[PDB]
Trainee: 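Here is a structure with ethoxzolamide.
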Amino acid sequence: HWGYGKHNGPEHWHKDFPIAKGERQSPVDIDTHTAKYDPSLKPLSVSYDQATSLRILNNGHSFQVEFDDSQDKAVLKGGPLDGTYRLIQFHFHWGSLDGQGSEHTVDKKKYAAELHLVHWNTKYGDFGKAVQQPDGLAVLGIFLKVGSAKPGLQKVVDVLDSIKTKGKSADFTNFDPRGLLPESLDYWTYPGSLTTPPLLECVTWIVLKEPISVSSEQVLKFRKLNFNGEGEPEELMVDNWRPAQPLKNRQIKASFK
Ligand SMILES: CCOc1ccc2nc(S(N)(=O)=O)sc2c1
Ligand SMILES: [Zn+2]
């Protein structure tokens, strides 16, 4: 099975998922001086006022908060997108130390963690159909830096003990993902891929310029999760991030000057 360990980590993924060496892989380093400002880009439109969270799950390589996506409750529109994208889940990537953890980097700077809000294009009817299409997903990426606490993240931090090992889930209702957004919605965008297997090249990435702050205590609680299932040898869930991949024939666009 693939993972983030020495014997099954990202450098090995291509043997089972040859698209790992593809032309539009993620994540990438965002070179701020080379990104192109595009005044054609629209502001993002984040519509999360009716979101309905359902569950939180330790999937063995991250934890994810899942949402009801059977109706246009929580949607993303605008920016570089065409059409309406529904929120299905968010999850994080983080490090063993505060100096690493994010997937995207900015001028080679790593952040302590990265939040992915994953949305699928409703014109494809369901998420499994959307990931086979080059415009099927839109992922909102938010960097986390260590500093002050993020009050809106604490309900998540508080339930992690319940889902410590792989395959455990818990009811997680009435969570409002608006409390995870930064103040500004300025962004970079490029065409890319899922950053875990199957690494499909179906994602429009929208990476926010402004990080959110979280406290050292909040991130430390992430690092107490386990990659293993209950009853198995304890392996702490840390450094579940992929390297920056080559940009190849892609242009990163910025919504801001
Ligand atoms: C297709 C089975 O579900 C998947 C698989 C990988 C995957 N990676 C991301 S990420 N890290 O946001 O690029 S969301 C996601 C959903
Ligand atoms: Zn992710």
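In what follows, residues are counted from 1 in the order of the sequence shown. All values below come from the heavy atoms of this structure, side chains included, with hydrogens, waters and symmetry mates left out. As the structure lists them, so they are numbered: ligands from 1, and atoms in each ligand from 1.
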Trainee: Which ligands or chains in the shown structure match ethoxzolamide?
Mentor: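 Check ligand 1.
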Trainee: Please provide the name that UniProt uses for the chief contact partner of ethoxzolamide.
Mentor: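 The chain with the most contacts is Carbonic anhydrase 2.
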Trainee: With a cut-off of 4.0 Å on heavy-atom distances, which residues and nucleotides contact ethoxzolamide?
Mentor: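 The binding site of ethoxzolamide (heavy atoms) is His91, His93, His116, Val118, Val139, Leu194, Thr195, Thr196, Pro197, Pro198, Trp205.
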Trainee: At a distance cut-off of 4.0 Å, which other ligands and ions come close to ethoxzolamide?
Mentor: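 Under 4.0 Å: ligand 2 (zinc ion).
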Trainee: Under 4.0 Å from any heavy atom of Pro197, which atoms of ethoxzolamide are there?
Mentor: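 Counting from 1, the qualifying ligand atoms are 5 (C), 6 (C).
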Trainee: Among all protein heavy atoms, pick the one closest to atom 12 (O) of ethoxzolamide and tell me residue, atom and distance.
Mentor: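 Sorting protein heavy atoms by distance from atom 12 (O) of ethoxzolamide puts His91 CE1, 3.3 Å first.
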Trainee: For atom 3 (O) of ethoxzolamide, what's the nearest protein heavy-atom neighbour? Residue, atom name and distance, please.
Mentor: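 Heavy-atom neighbour on the protein nearest atom 3 (O) of ethoxzolamide: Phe127 CE2, 4.0 Å.
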Trainee: Which residues carry both labels: UniProt Zn(2+)-binding in chain A, and heavy atom within 4.0 Å of ethoxzolamide?
Mentor: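 In chain A, UniProt binders with a non-hydrogen atom that close: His91, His93, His116.
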Trainee: Give me the residue, atom name and distance of the protein heavy atom closest to atom 1 (C) of ethoxzolamide.
Mentor: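 Going atom by atom, the protein heavy atom closest to atom 1 (C) of ethoxzolamide ends up being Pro198 CD, 3.8 Å.
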Trainee: I'm comparing ethoxzolamide with the natural ligand. Which residues that UniProt lists as binding substrate in chain A have a heavy atom under 4.0 Å from the drug?
Mentor: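 Going by heavy atoms, UniProt's substrate binders that qualify: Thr195, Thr196.
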Trainee: So is there a nitrogen or oxygen of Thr195 less than 3.5 Å from a nitrogen or oxygen in ethoxzolamide?
Mentor: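 Among all N and O atoms of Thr195, at least one is under 3.5 Å from an N or O of ethoxzolamide.
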Trainee: Nearest protein heavy atom to atom 7 (C) of ethoxzolamide, by residue and atom, and its distance?
Mentor: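 Result for atom 7 (C) of ethoxzolamide: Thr196 OG1, 3.4 Å.
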Trainee: Which organism does the PDB entry associate with chain A as its source?
Mentor: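 In the entry, the organism is Homo sapiens.
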Trainee: Nearest UniProt active-site residue of chain A to ethoxzolamide, heavy-atom distance to 1 Å.
Mentor: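 The closest one among UniProt active-site residues, measured by heavy atoms, is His61, 6 Å.
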Trainee: Pull out every atom of ethoxzolamide sitting under 4.0 Å from any heavy atom of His93, numbered as shown with elements.
Mentor: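 In order of numbering, the contacting atoms are 11 (N).
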Trainee: What UniProt domain of chain A accounts for the bulk of residues touching ethoxzolamide?
Mentor: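 UniProt calls that domain Alpha-carbonic anhydrase.
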Trainee: Using distance alone, determine whether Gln89 and ethoxzolamide share an N or O pair under 3.5 Å.
Mentor: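 For ethoxzolamide, there is no N or O atom that lies under 3.5 Å from one belonging to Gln89.
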Trainee: May I ask you to identify the nearest protein heavy atom to atom 15 (C) of ethoxzolamide, giving residue, atom name and distance to one decimal place in Å?
Mentor: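 Nearest neighbour among protein heavy atoms for atom 15 (C) of ethoxzolamide, to 0.1 Å: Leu194 CD2, 4.0 Å.
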